[PDB]
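Structure follows of ertapenem (bound form) associated with Beta-lactamase.
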Amino acid sequence: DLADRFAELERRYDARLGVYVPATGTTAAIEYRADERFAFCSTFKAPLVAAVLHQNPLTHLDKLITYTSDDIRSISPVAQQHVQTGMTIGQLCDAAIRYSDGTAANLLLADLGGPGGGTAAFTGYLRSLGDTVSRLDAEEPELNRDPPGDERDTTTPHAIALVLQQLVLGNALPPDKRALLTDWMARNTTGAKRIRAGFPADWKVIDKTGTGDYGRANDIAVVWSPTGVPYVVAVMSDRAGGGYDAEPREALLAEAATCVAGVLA
Ligand SMILES: *C(=O)[C@@H]([C@@H]1NC(C(=O)O)=C(S[C@@H]2CN[C@H](C(=O)Nc3cccc(C(=O)O)c3)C2)[C@@H]1C)[C@@H](C)O
């Protein structure tokens, strides 16, 4: 039984696990703690890129953004190298999704603009997609640090799955912008040990991970079966029992995804 298996994983990893897969044509929704809040961590970067894409002409991707030493405040594998040159909006989107670059995310939030350095406009974008649950309150690095249970900077597996479904499978974005987002998620470098690890090789997986304090490890994905049937998979986890420095456990997400894949096969 799936709920029993997910509970077993919680005990194995001393973790809290949330899973949602929306209903499709012939499969019921899969849900485990799906309406409980979990920190976004870096998973917000996927809808952030969608918001920036939606807000601007496509060739806004070519606008050069400059930034300085004091902008590097979080894990930023790409932006750390480009303080002198700057990065275009398209380079920032690429880095935010594929390398989970925190500075890139902060600069994209500032591009979106408005109160809270763009966090309010990001939340507004989610509201426009019918998500009345999620909220972004801080930027990097603070957004990963809220204590367990705090509602700041949270989504739920259910809410983020429905947002991702609209972005990738629905009509939230026009086809050209949709393809940009999908391709960046398809080319993600950070997700091999999470949802990808749970699905057979002949299933396509595109994803955005998140990792944070209190042992937080998330992954949001769209998967496609070998015959082109898509499913959205959101897995979120934390480990409050280990305190602030608890190790995130990718293995928990790989096991949870393996269980989901067995149901979807
Ligand atoms: C956003 O959440 C966050 C950055 N994003 C991600 C992410 O996974 O998307 C990370 S983590 C980074 C990429 N994958 C590696 C990883 O998962 N390492 C890992 C996994 C499990 C345990 C450990 C450990 O205990 O050391 C390490 C590393 C990155 C933090 C920022 C922008 O806030």
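Here, residue 1 is the first one in the sequence, and each next residue gets the next number. Note that ligands are numbered from 1 as they come in the structure, with each ligand's atoms numbered from 1 the same way.
The model tethers ertapenem (bound form) through a covalent bond to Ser42 OG. For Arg194, the heavy-atom gap to ertapenem (bound form) drops under 4.0 angstrom.
When each atom of ertapenem (bound form) is checked for a heavy atom of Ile75 under 4.0 Å away, the hits are 29 (C), 30 (C). By minimum heavy-atom distance to 1 Å, the UniProt active-site residue of chain A closest to ertapenem (bound form) is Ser42, 1 Å. Residue-ligand proximity: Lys208 is placed with a non-hydrogen atom under 4.0 Å from ertapenem (bound form). Under 4.0 Å from ertapenem (bound form), the heavy atoms of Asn144 that appear belong solely to its side chain.
For atom 31 (C) of ertapenem (bound form), the closest heavy atom belonging to the protein is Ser42 OG, 3.3 Å. Among protein heavy atoms, the minimum distance from atom 24 (C) of ertapenem (bound form) is reached at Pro248 CD, 4.4 Å. Remark: ertapenem (bound form) atoms within the under-4.0 Å shell around heavy atoms of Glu140 are 32 (C), 33 (O).
Nearest to atom 6 (C) of ertapenem (bound form) by heavy-atom distance, out of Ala192, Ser100, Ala105, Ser74, is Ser100. Within ertapenem (bound form), the atoms closer than 4.0 Å to a non-hydrogen atom of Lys45 are 32 (C), numbered from 1 in the order shown. Residue list (UniProt substrate-binding, chain A, heavy atom under 4.0 Å from ertapenem (bound form)): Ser100, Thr209, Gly210, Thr211. Near ertapenem (bound form), within 4.0 Å on a heavy-atom basis, the structure shows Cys41, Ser42, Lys45, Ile75, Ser100, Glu140, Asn144, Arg194, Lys208, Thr209, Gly210, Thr211, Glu247, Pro248, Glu250.
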